[PDB]
Peer 1: 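For reference, this is Metallo-beta-lactamase type 2 solved together with ampicillin (open form).
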Amino acid sequence: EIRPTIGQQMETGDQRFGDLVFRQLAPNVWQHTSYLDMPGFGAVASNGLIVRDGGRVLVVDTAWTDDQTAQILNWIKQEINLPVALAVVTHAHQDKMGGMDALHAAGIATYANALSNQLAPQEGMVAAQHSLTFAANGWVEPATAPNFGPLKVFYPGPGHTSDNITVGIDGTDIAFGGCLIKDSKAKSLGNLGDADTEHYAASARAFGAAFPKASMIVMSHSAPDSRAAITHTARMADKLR
Ligand SMILES: CC1(C)S[C@H]([C@H](NC(=O)[C@H](N)c2ccccc2)C(=O)O)N[C@H]1C(=O)O
Ligand SMILES: [O-]
Ligand SMILES: [Zn+2]
Ligand SMILES: [Zn+2]
């Protein structure tokens, strides 16, 4: 059993598949979890999403590595057995974009914030194939996100990074904050090295206001939580200013 140093532990309802863990969150939504092993420190878990939208699958975030991301595709083939149409990746860091080459090799169309694509090489990441742009209110420009089905992509402003984006799943209780949101019991906002400490709190609140209905808040390094994760993240961020 994988017991992360950072990230949620395995609980009942989790399925181990190769080096990864999968958890069903709703009839057509699963959380993928992958682990980066740091010698002398242990494993760091990272979470993304898998969405079945009719007859295709949509992915939110890669795993840490190409091989782990290929394992996600293999899990999809074995458990869902539908074509993977596209992926949205939520900023240019390894936990979110480390497996882009695996998606590209499989013929999967990839999308990221234009800024993520611009930062990608500087951050050691392969850029997505397509760039999302955003209105001043944070909502994705519709023509840059064609055929996204239930995915509602929102740029909340600079926080964890300047490029961080978020994704709601229409028809479900779920909104995904990626690395921007930490859980309601976290005492740290994680790595603030690339963070905007002035604007973080407003960005966390903007995420909450963009997806006001969502009751299940999914994030990169904790199990899904209530909206208290948003409130708590914003309150920790208030202390940075
Ligand atoms: C879990 C993290 C503390 S690390 C991760 C990310 N860092 C990486 O992907 C690094 N490439 C990395 C280096 C060494 C060990 C683990 C991750 C970041 O800086 O936002 N997201 C951070 C976060 O979400 O707070
Ligand atoms: O990250
Ligand atoms: Zn990051
Ligand atoms: Zn992270």
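We're sticking with the PDB entry numbering for chain A, so the shown stretch reads 30-270, in order. Start at 1 and go down the list; that is how both ligands and their atoms are numbered. Just the heavy atoms: all of them, side chains too, but no hydrogens, waters or symmetry mates, feed the values below.
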Peer 1: Where exactly can ampicillin (open form) be seen in this structure?
Peer 2: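 Counting every copy, ligand 1.
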Peer 1: Number the atoms of ampicillin (open form, ligand 1) from 1 as they appear, then name those within less than 4.0 Å of a heavy atom of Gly219, with their elements.
Peer 2: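 In order of numbering, the contacting atoms are 25 (O).
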Peer 1: Please identify which atoms of ampicillin (open form, ligand 1) are closer than 4.0 Å to at least one heavy atom of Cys208.
Peer 2: 24 (O)
Peer 1: Look at atom 17 (C) of ampicillin (open form, ligand 1) and say which protein heavy atom is nearest, naming residue and atom and giving the distance to 0.1 Å.
Peer 2: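 The closest heavy atom on the protein side is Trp93 CZ3, 3.7 Å.
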Peer 1: Provide, to 0.1 Å, the distance between atom 19 (O) of ampicillin (open form, ligand 1) and the closest protein heavy atom, together with that atom's residue and name.
Peer 2: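 Among all protein heavy atoms, the one nearest atom 19 (O) of ampicillin (open form, ligand 1) is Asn220 ND2, 3.1 Å.
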Peer 1: Between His250 and ampicillin (open form, ligand 1), is there a nitrogen or oxygen pair with a distance under 3.5 Å?
Peer 2: yes
Peer 1: Per the deposit, which organism is listed for chain A?
Peer 2: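 For chain A, the PDB records Klebsiella pneumoniae.
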Peer 1: To check your reading of the model: name the closest protein heavy atom to atom 6 (C) of ampicillin (open form, ligand 1), its residue, and the distance in Å.
Peer 2: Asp124 OD1, 3.7 Å
Peer 1: What is the closest protein heavy atom to atom 25 (O) of ampicillin (open form, ligand 1), and at what distance does it sit?
Peer 2: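 Looking only at protein heavy atoms, the one closest to atom 25 (O) of ampicillin (open form, ligand 1) is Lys211 NZ, 2.8 Å.
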Peer 1: Please identify which atoms of ampicillin (open form, ligand 1) are closer than 4.0 Å to at least one heavy atom of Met67.
Peer 2: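 Reading through ampicillin (open form, ligand 1) atom by atom, the close ones are 14 (C), 15 (C), 16 (C).
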Peer 1: In terms of atom number and element, which parts of ampicillin (open form, ligand 1) are under 4.0 angstrom from non-hydrogen atoms of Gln123?
Peer 2: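 Those of ampicillin (open form, ligand 1) that fall under 4.0 Å from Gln123 are 9 (O), 11 (N).
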Peer 1: So, going by heavy atoms and a 4.0 Å cut-off, which residues UniProt tags as Zn(2+)-binding in chain A does ampicillin (open form, ligand 1) reach?
Peer 2: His122, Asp124, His189, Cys208, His250
Peer 1: List the residues that UniProt gives as binding substrate in chain A and that have a heavy atom under 4.0 Å from ampicillin (open form, ligand 1).
Peer 2: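 I count these UniProt residues with a non-hydrogen atom in range: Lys211, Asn220.
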Peer 1: Among all protein heavy atoms in this structure, tell me which lies nearest to atom 18 (C) of ampicillin (open form, ligand 1), with the distance rounded to 0.1 Å.
Peer 2: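 The protein heavy atom lying closest is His122 ND1, 3.2 Å.
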Peer 1: Within a distance of under 4.0 Å, is there any protein heavy atom near atom 4 (S) of ampicillin (open form, ligand 1)?
Peer 2: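 Within 4.0 Å: no protein heavy atom nearby.
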Peer 1: Where on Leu65 is there a heavy atom closer than 4.0 Å to ampicillin (open form, ligand 1), on the side chain, on the backbone, on both, or on neither?
Peer 2: side chain
Peer 1: Identify the binding-site residues of ampicillin (open form, ligand 1) at 4.0 Å, heavy atoms only.
Peer 2: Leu65, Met67, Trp93, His122, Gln123, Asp124, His189, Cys208, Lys211, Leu218, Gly219, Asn220, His250
